[PDB]
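Quick look: BAY 2402234 on Dihydroorotate dehydrogenase (quinone), mitochondrial.
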Amino acid sequence: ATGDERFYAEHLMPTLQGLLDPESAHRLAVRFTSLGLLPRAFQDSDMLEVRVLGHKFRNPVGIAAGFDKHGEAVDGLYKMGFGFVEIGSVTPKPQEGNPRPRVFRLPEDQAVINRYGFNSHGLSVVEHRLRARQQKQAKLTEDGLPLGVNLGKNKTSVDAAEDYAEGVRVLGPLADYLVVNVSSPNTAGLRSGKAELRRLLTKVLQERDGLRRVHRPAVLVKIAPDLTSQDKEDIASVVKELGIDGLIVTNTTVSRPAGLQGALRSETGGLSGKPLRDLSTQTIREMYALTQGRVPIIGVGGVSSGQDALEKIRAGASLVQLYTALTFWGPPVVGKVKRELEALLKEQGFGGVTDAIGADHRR
Ligand SMILES: CCn1c(CO)nn(-c2cc(O[C@@H](C)C(F)(F)F)c(C(=O)Nc3c(F)cccc3Cl)cc2F)c1=O
Ligand SMILES: Cc1cc2nc3c(=O)[nH]c(=O)nc-3n(C[C@H](O)[C@H](O)[C@H](O)COP(=O)(O)O)c2cc1C
Ligand SMILES: O=C(O)c1cc(=O)[nH]c(=O)[nH]1
């Protein structure tokens, strides 16, 4: 462990989180990151490179959606050491989200509960923000640092599929991949038969296919950790039938695992961090098997170490993301996870990340 890792985790982060409300802490982090005011970041080795979704990824550790909802801090996030950045969720029209407070810390559980409710600057604002750096991003992507854009829907929209279609049209041309986020716990009706998922995704794929080739992103579906076995079967079937490019597994949980200690455990919202970790890993495992290992998965939920990352990779993830760990460990967590993952890959006889993807299924 580095000097910075210990100082951030043992002293700086607990101190700052003790002085700030949770949403203020989030907002300041976005500001600092946007300005590049960051501790020095670990040099990515060849072992960490992954080729998937039509792109090179210099390392397999990404920032999950929700940290940079409005695409304000993309360059700072690459500076932090992330191999890829996902922004959003972005809704078609601007919207405020839920009333404050809407983010809650559970430090005794290394967890967070949020009910932001898709607060979003909206597609137009985000479009113009990404256009301002569109060629810089093209070079970053060529250098193995791709960009994902996560699409949401407005609270009052009467046609969910049209909201996602609008997102594809507006931000698709600026993204390496898009995410159809049908799994927020904090918008009424979002997570809801099989035929309607098929309908929605058919429309999204048609819109994507209508973009010019150099502006044509991969399309992924991000799913909840709270799905029934039937839901998971159905999703796998639809994904294969339509040629969806990948899955993001998982969003936050509306469950409250036995054992949570935080005083705020019974707040409404999605739970993230350590209590979500294994529920998410197991969802990756099931989705990989249901798709015969032929559908790339981005694994997310409770990653704070190289071991956590490798467990998701071995379960079937090609790439991982984190968010909640950053709230407790700060920016040095990114180098920590990468260093630990490289060490474990070597210790377990893997030539690189690619060799470990889905390795548990071959035992
Ligand atoms: C879930 C909302 N949330 C929270 C509170 O739960 N904290 N938090 C968060 C909070 C963060 O720091 C808060 C305390 C801040 F900015 F005031 F220092 C950070 C973070 O990485 N900060 C940071 C940075 F951007 C750049 C340099 C140095 C630091 Cl310490 C990253 C985070 F993700 C965050 O996003
Ligand atoms: C405060 C907060 C906001 C989030 N916002 C979004 C979002 O807008 N869209 C989305 O798909 N996921 C969102 N997520 C979920 C994360 O992307 C991720 O799936 C989940 O938090 C699990 O990862 P973690 O345990 O590493 O945080 C959010 C999570 C948190 C904590
Ligand atoms: O904006 C939110 O409330 C939100 C969206 C989402 O997809 N996941 C989450 O945990 N929160």
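Residue numbers start at 1 and run along the sequence shown. Note that ligands are numbered from 1 as they come in the structure, with each ligand's atoms numbered from 1 the same way. Hydrogens, waters and symmetry mates play no part in the numbers below; they use all other heavy atoms, side chains included.
- The full list of places where BAY 2402234 can be found here is ligand 1.
- Other-chain residues and nucleotides with a heavy atom under 4.0 Å from BAY 2402234 (ligand 1) are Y8, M13, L16, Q17, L20, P22, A25, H26, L28, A29, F32, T33, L37, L38, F67, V103, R105, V112, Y323, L326, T327, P331.
- Residue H26 has at least one heavy-atom neighbour below 4.0 Å for each of these atoms of BAY 2402234 (ligand 1): 2 (C), 3 (N), 34 (C), 35 (O).
- Here is the list of BAY 2402234 (ligand 1) atoms found below 4.0 Å of a heavy atom in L16: 14 (C), 18 (F).
- In the entry as deposited, no covalent bond from BAY 2402234 (ligand 1) to a chain appears.
- Judged by heavy-atom distance, the UniProt FMN-binding residues in chain A that approach BAY 2402234 (ligand 1) within 4.0 Å amount to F67, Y323.
- In this structure, atom 25 (F) of BAY 2402234 (ligand 1) lies nearest to the protein heavy atom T33 OG1, 3.1 Å.
- The shortest N/O to N/O separation between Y8 and BAY 2402234 (ligand 1) does not fall below 3.5 Å.
- Nearest protein heavy-atom neighbour of atom 29 (C) of BAY 2402234 (ligand 1): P331 CD, 3.8 Å.
- Residue, atom and distance of the protein heavy atom nearest to atom 5 (C) of BAY 2402234 (ligand 1) are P22 O, 3.5 Å.
- Using 4.0 Å as the cut-off, the other ligands and ions neighbouring BAY 2402234 (ligand 1) are ligand 2 (flavin mononucleotide).
- Less than 4.0 angstrom separates some heavy atom of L37 from each of these atoms of BAY 2402234 (ligand 1): 26 (C), 27 (C).
- Of the protein's non-hydrogen atoms, the one nearest atom 8 (N) of BAY 2402234 (ligand 1) is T327 CG2, 3.5 Å.
- Scanning the protein heavy atoms around atom 12 (O) of BAY 2402234 (ligand 1), the nearest turns out to be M13 CE, 3.7 Å.
- The atoms of BAY 2402234 (ligand 1) that sit less than 4.0 Å from any heavy atom of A29 are 10 (C), 11 (C), 12 (O), 16 (F), 19 (C), 20 (C), 22 (N), 25 (F), 31 (C), 32 (C).
- Nearest protein heavy-atom contact of atom 2 (C) of BAY 2402234 (ligand 1) is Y323 OH, 3.5 Å.
- Scanning the protein heavy atoms around atom 13 (C) of BAY 2402234 (ligand 1), the nearest turns out to be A25 O, 3.4 Å.
- Close approach of BAY 2402234 (ligand 1) to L20 (heavy-atom distance below 4.0 Å) involves ligand atoms 17 (F).
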